[PDB]
Amino acid sequence: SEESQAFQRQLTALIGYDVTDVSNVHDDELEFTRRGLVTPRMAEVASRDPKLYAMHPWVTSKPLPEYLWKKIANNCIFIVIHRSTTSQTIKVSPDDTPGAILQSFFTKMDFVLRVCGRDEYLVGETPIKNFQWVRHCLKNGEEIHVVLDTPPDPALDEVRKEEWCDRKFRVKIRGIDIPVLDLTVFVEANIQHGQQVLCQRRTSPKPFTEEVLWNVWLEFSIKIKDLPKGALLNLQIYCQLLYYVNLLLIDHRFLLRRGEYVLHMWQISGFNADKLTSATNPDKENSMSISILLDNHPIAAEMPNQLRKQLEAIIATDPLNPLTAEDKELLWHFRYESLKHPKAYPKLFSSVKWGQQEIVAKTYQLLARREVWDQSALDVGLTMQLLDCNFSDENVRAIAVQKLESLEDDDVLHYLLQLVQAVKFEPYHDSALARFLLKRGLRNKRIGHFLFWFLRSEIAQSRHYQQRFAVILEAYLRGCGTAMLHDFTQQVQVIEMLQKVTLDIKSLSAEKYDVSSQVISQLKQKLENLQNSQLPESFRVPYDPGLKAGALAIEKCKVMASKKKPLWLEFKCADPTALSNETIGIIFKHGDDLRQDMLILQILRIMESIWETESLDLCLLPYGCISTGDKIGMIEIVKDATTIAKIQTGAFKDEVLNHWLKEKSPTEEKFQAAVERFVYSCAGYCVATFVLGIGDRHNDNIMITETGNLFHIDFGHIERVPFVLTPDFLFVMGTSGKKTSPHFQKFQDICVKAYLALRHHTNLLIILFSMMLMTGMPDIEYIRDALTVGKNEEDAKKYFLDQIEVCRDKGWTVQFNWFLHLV
Ligand SMILES: COc1c(OCCCN2CCOCC2)ccc2c1N=C(NC(=O)c1cnc(N)nc1)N1CCN=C21
């Protein structure tokens with residue numbers, strides 16, 4: 001088809017990468033995958049309920065926390081329906097349906113209830129208490145506003161028609177070269193399974209010249225028949241490590257990899273997921289390469305008491321605790337006793353000799369008897385553990401994915417970023433994991449939307465994985481539907497337009513922080529310019545797809561007075577039934593790796609949900625934030641928010657935050673409401689902060705809302721202090737120096753509960769952390785020590801309370817020091 005090519009060109013624009021391109025490839029794993037993924041797309045496409053697919057209700061099954069019950073303790077809920085001019089209020093039970101609500105409305109005196117100002121719908125057989133919008137309003141003291149109108153046509157979701165032996169192992173190393181570069185140098189070759197080195201050989205070292213030829217067969221200890229699926233041949237270059245590259249020994253059709261390869265290699269920055277990729281370096285003209293030859297096809301009682309004790313001990317340990325040789329032989333010998341314990345599984349499967357066919361066969365036999373796994377309650381931290389870089393067996397990874405099926409869409413969103421990054425640890429482009437993302441994204445539009453940007457964030461920035469992630473995007477976009485394709489297109493254009501301006505603004509003053517409004521005159525011109533004949537009438541807010549944004553409030557846009565020169569932008573909201581005028585605020589910023597900011601924010605969200613599970617609410621404020629490309633993207637602007645900094649030559653007054661709060665609080669009520677929140681918000685930011693290692697912060701980077709909510713910003717690259725709890729904060733808590741106050745006693749009390757609530761999920765956190773570093777940064781011990789592993793709840797409460805007081809001793813000391821250390 002001719003028009004099927006316009007489609008493929010529309011898909012390339014949206015992706016920012018071309019998936020038909022075979023210039024940087026050496027087999028067909030990508031194309032085979034493009035093709036393999038059709039089945040699962042089509043099936044979930046052919047499977048999803050058109051109506052609910054259009055209206056994408058954002059629903060949960062989790063109970064309501066006691067803290068939103070106390071916000072409505074009379075079995076009643078007020079919803080307000082809107083005609084066009086007129087409205088009418090309604091009184092409702094938290095267990096009503098939107099089905100049932102309407103009825104009482106019509107029967108008071110076909111159509112559907114939609115949130116005011118937002119694309120967001122109250123529909124489906126769910127009790128109104130279980131809608132997130134609703135729960136957002138209750139937490140926010142806000143009243144629900146809704147608008148009775150037509151269902152969105154499910155034709156708007158239409159999907160285009162698609163069309164489509166015992167010989168030891170060896171490798172010859174012919175040589176290396178690079179146009180430009182002198183120590184000595186050798187090639188180390190590694191047979192790798194899940195970070196585990198199975199066998200290793202080196203070359204002789206020879207002098208580093210632009211072309212280096214060895215002509216040497218490298219014989220390893222392993223038999224061909226014993227190489228396992230997912231084995232990487234890992235080629236490295238030392239002198240010590242300068243370059244690396246990887247190749248799959250067994251391919252996506254289970255064929256032993258044969259032949260001549262010339263492989264363009266990656267270089268080291270001056271251990272993380274980039275070191276694992278089977279992608280070759282695209283920059284063919286400047287990169288180091290290496291020439292290789294492969295010519296190696298069929299592939300395919302009781303327990304004593306003290307031992308069980310030792311055994312269970314090992315299972316009790318944390319992820320990061322390494323296993324002895326004895327521990328592994330122990331796990332593997334009573335592997336059937338081990339299988340009974342699903343927490344054991346990671347330890348057990350990293351206690352397998354992946355280097356032996358008979359064992360591996362045994363391990364498959366053992367995964368057949370899986371019934372205890374399959375019946376266990378879904379433990380996500382356990383499940384994630386089996387998808388990190390320590391696992392590279394398809395069958396082990398697949399039982400982890402299986403566990404994920406039972407997640408509802410609401411949980412998926414909590415884990416989506418980190419599940420998207422765990423695609424970096426799969427050995428083959430077509431994983432169970434990828435198909436799970438595909439499927440879930442297609443099943444639900446909210447998932448699909450974030451799925452898009454998560455993939456595009458990396459596709460647009462990582463040469464190590466763009467090709468893989470692109471194949472997967474294409475596969476999503478090819479099932480998401482015309483209305484969302486349209487949308488994604490509006491959104492991409494806008495983003496593209498707005499980076500041009502961000503970058504161009506920057507190079508008009510390198511660091512003369514005084515933003516002369518001569519610099520601000522041009523911003524205005526480029527925006528109006530963009531307006532009249534370029535910039536789409538309206539577009540979805542990427543970090544909050546409920547909102548559709550309209551036209552730039554050009555007067556309210558500025559450039560911020562930073563080291564970089566990020567854009568402060570305010571838009572009009574495109575929805576007419578919006579119940580307010582407040583502009584939608586966005587910061588576009590070149591200069592920070594916002595991928596890392598996404599990751600920290602996302603954990604932050606996980607922690608709330610944790611805390612939710614024990615009826616705590618720390619009023620974290622994890623703002624929207626998306627990496628769009630290389631060191632560039634968007635950040636959500638919180639309304640009525642200011643820097644602790646600005647509330648103050650390194651001089652720091654104590655009272656001024658409380659004064660600031662009282663001068664923004666009209667009633668005395670609202671001021672106490674504000675001090676309450678500040679304690680909660682603060683307590684939460686301090687705990688989370690501590691756990692992750694990002695509490696030593698300058699005042700620039702901590703803000704507070706007019707309404708008392710404190711929040712940290714900008715997770716750039718992170719004497720000392722465990723968190724920021726300065727005198728200004730203490731002042732507000734009505735205490736100073738050595739004495740105490742009820743507000744401080746409360747804050748201490750709240751920190752404690754917050755901390756060990758988190759410690760009830762020590763493994764989950766430890767994983768997400770370790771994954772974050774491997775896939776988000778360019779060591780982990782910190783966190784385990786900060787979570788105080790293996791301690792009774794008292795030891796811990798004591799620890800964290802000592803921490804509180806470290807900041808008390810210090811006080812301004814550190815804050816001061818940033819200034820001092822400027823000069
Ligand atoms: C300090 O700049 C911010 C705000 O400042 C208000 C000051 C702007 N005025 C007000 C009206 O006229 C223009 C001048 C108000 C709100 C925010 C914010 N920064 C930020 N964040 C950052 O600046 C930031 C920068 N880099 C990175 N990586 N992350 C966040 N956020 C996050 C969401 N809320 C805000």
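Start at 1 with the first residue, then count along the sequence. Every number for a ligand or one of its atoms is a count from 1 in the order of the listing. Just the heavy atoms: all of them, side chains too, but no hydrogens, waters or symmetry mates, feed the values below.
The PDB lists the drug found at ligand 1 under the name copanlisib.
The main binding partner of copanlisib here is, in the terms of UniProt, Phosphatidylinositol 4,5-bisphosphate 3-kinase catalytic subunit gamma isoform. For copanlisib, the residues with any heavy atom closer than 4.0 Å are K558, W568, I587, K589, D592, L594, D597, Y623, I635, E636, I637, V638, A641, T643, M703, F711, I713, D714. The dominant UniProt domain at the interface of chain A with copanlisib is PI3K/PI4K catalytic.
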